[PDB]
Enquirer: 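Lab note: sotorasib (bound form)/GTPase KRas, N-terminally processed complex loaded, questions to follow.
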Amino acid sequence: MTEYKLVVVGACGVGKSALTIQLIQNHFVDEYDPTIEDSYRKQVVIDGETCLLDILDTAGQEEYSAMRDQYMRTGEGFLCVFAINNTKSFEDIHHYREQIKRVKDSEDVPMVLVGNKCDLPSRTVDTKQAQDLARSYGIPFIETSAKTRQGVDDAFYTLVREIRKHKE
Amino acid sequence: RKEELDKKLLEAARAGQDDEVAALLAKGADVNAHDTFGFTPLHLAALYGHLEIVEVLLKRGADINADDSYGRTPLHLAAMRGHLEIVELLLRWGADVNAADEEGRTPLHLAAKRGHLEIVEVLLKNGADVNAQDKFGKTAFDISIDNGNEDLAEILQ
Ligand SMILES: *CCC(=O)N1CCN(c2nc(=O)n(-c3c(C)ccnc3C(C)C)c3nc(-c4c(O)cccc4F)c(F)cc23)[C@@H](C)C1
Ligand SMILES: Nc1nc2c(ncn2[C@@H]2O[C@H](COP(=O)(O)OP(=O)(O)O)[C@@H](O)[C@H]2O)c(=O)[nH]1
Ligand SMILES: [Mg+2]
């Protein structure tokens, strides 16, 4: 099996933990601890092939964390998750992208923009702006909703496919 | 009432207010109450580094072997947070050293993966299985090799 070392990065409250738990256990958590950072391993079937996803839910605000930075350097793909009802998270997506670019020191890094909380009707970040940012960065954009578990699998599979394309 | 009191106890344990925790315990709160994911007040007290709250909960009758929806006991969280005093206190109260979560990760594995040498050696001193295998066939030595930490490999050997 292929062990994909996925990472999930984003602002506070955007739903990284919710997305990871929806992928792993197929159930939504209404409230989760803000500062839980742990790696989840999942066995998935992509394109008819069995694969292993090792997903890190980065939720620690500490400046120095040896495990976190080692995982980030060894990571192969990044889910940049932001809440559509929060423009500040969308603005900080660029900061996270540049931080990841500096850490990896690579121009081509597999990243996928994720717009969480798609079920909420008070959308604040327009879909057009997010799509334009994604097409300017050259990376796919996927809308997910951890409460209804719509698009989470699609987003993770898109990240895996982008990783495979970058490897090949 | 009961749910609100339990939520207040959980919030007090998370924030780190010993006086509030004591007042809520004296008001009838449940030490074994779990939130949506399953974090008991002992889980949060061990995660956030509040030794006094951990001691008070243990004295009041908190389930030390309780696990959340992912099977992580408070010892797992205390090991992954690198709290030497908390892990020593939990082991002193008979916590399941070789407990397994949904992935079968021993607290030794979590301590090794995070990079906490002191937690690793303390767990080993209290009978931690070095040869323990998770559901994905990885031991503490394999985690040390993957991380590449020479000190962790030396300690595990
Ligand atoms: C509410 C809790 C939560 O969800 N959090 C997510 C993780 N996180 C976080 N905070 C943070 O300040 N940085 C960071 C670092 C470590 C260094 C410099 N700037 C920042 C901010 C201003 C972006 C986080 N950085 C990363 C990260 C960096 O920095 C570099 C490469 C890859 C990375 F993932 C990160 F993943 C999370 C950061 C807080 C908000 C807690
Ligand atoms: N309605 C809705 N709420 C969400 C969704 N994803 C996350 N949330 C909410 O966002 C809150 C905080 O998310 P959190 O787990 O802390 O994400 P994290 O900060 O990245 O770890 C939770 O209380 C969830 O109820 C979603 O897809 N839909
Ligand atoms: Mg989180």
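Chain letters follow the order of the sequence lines: the first is A, the second B, and so on. Chain A residue numbers are taken from the PDB entry; in order, the displayed residues are 1-168. Here chain B follows the PDB entry for its numbers: 163-319, in order, are the residues you see. Whatever order the structure lists them in is the order used to number ligands and atoms, beginning at 1. Scope of the values below: all heavy atoms of this structure, side chains included, with no hydrogens, waters or symmetry mates.
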Enquirer: Report the positions of sotorasib (bound form) in this structure by ligand number or chain letter.
Expert: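 The answer, copies included, is ligand 1.
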Enquirer: Any idea which other chains have a non-hydrogen atom closer than 4.0 Å to sotorasib (bound form)?
Expert: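 Within the heavy-atom cut-off of 4.0 Å: A.
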Enquirer: Using a non-hydrogen cut-off of 4.0 Å, what is the binding site of sotorasib (bound form)?
Expert: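 By heavy-atom distance, those residues are A:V9, A:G10, A:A11, A:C12, A:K16, A:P34, A:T58, A:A59, A:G60, A:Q61, A:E63, A:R68, A:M72, A:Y96, A:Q99, A:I100, A:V103.
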Enquirer: Can you see any other ligand or ion closer than 4.0 Å to sotorasib (bound form)?
Expert: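 I find ligand 2 (guanosine-5'-diphosphate).
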Enquirer: Give the residue and atom sharing a covalent bond with sotorasib (bound form), or say none.
Expert: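 The entry gives a covalent bond to A:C12 SG.
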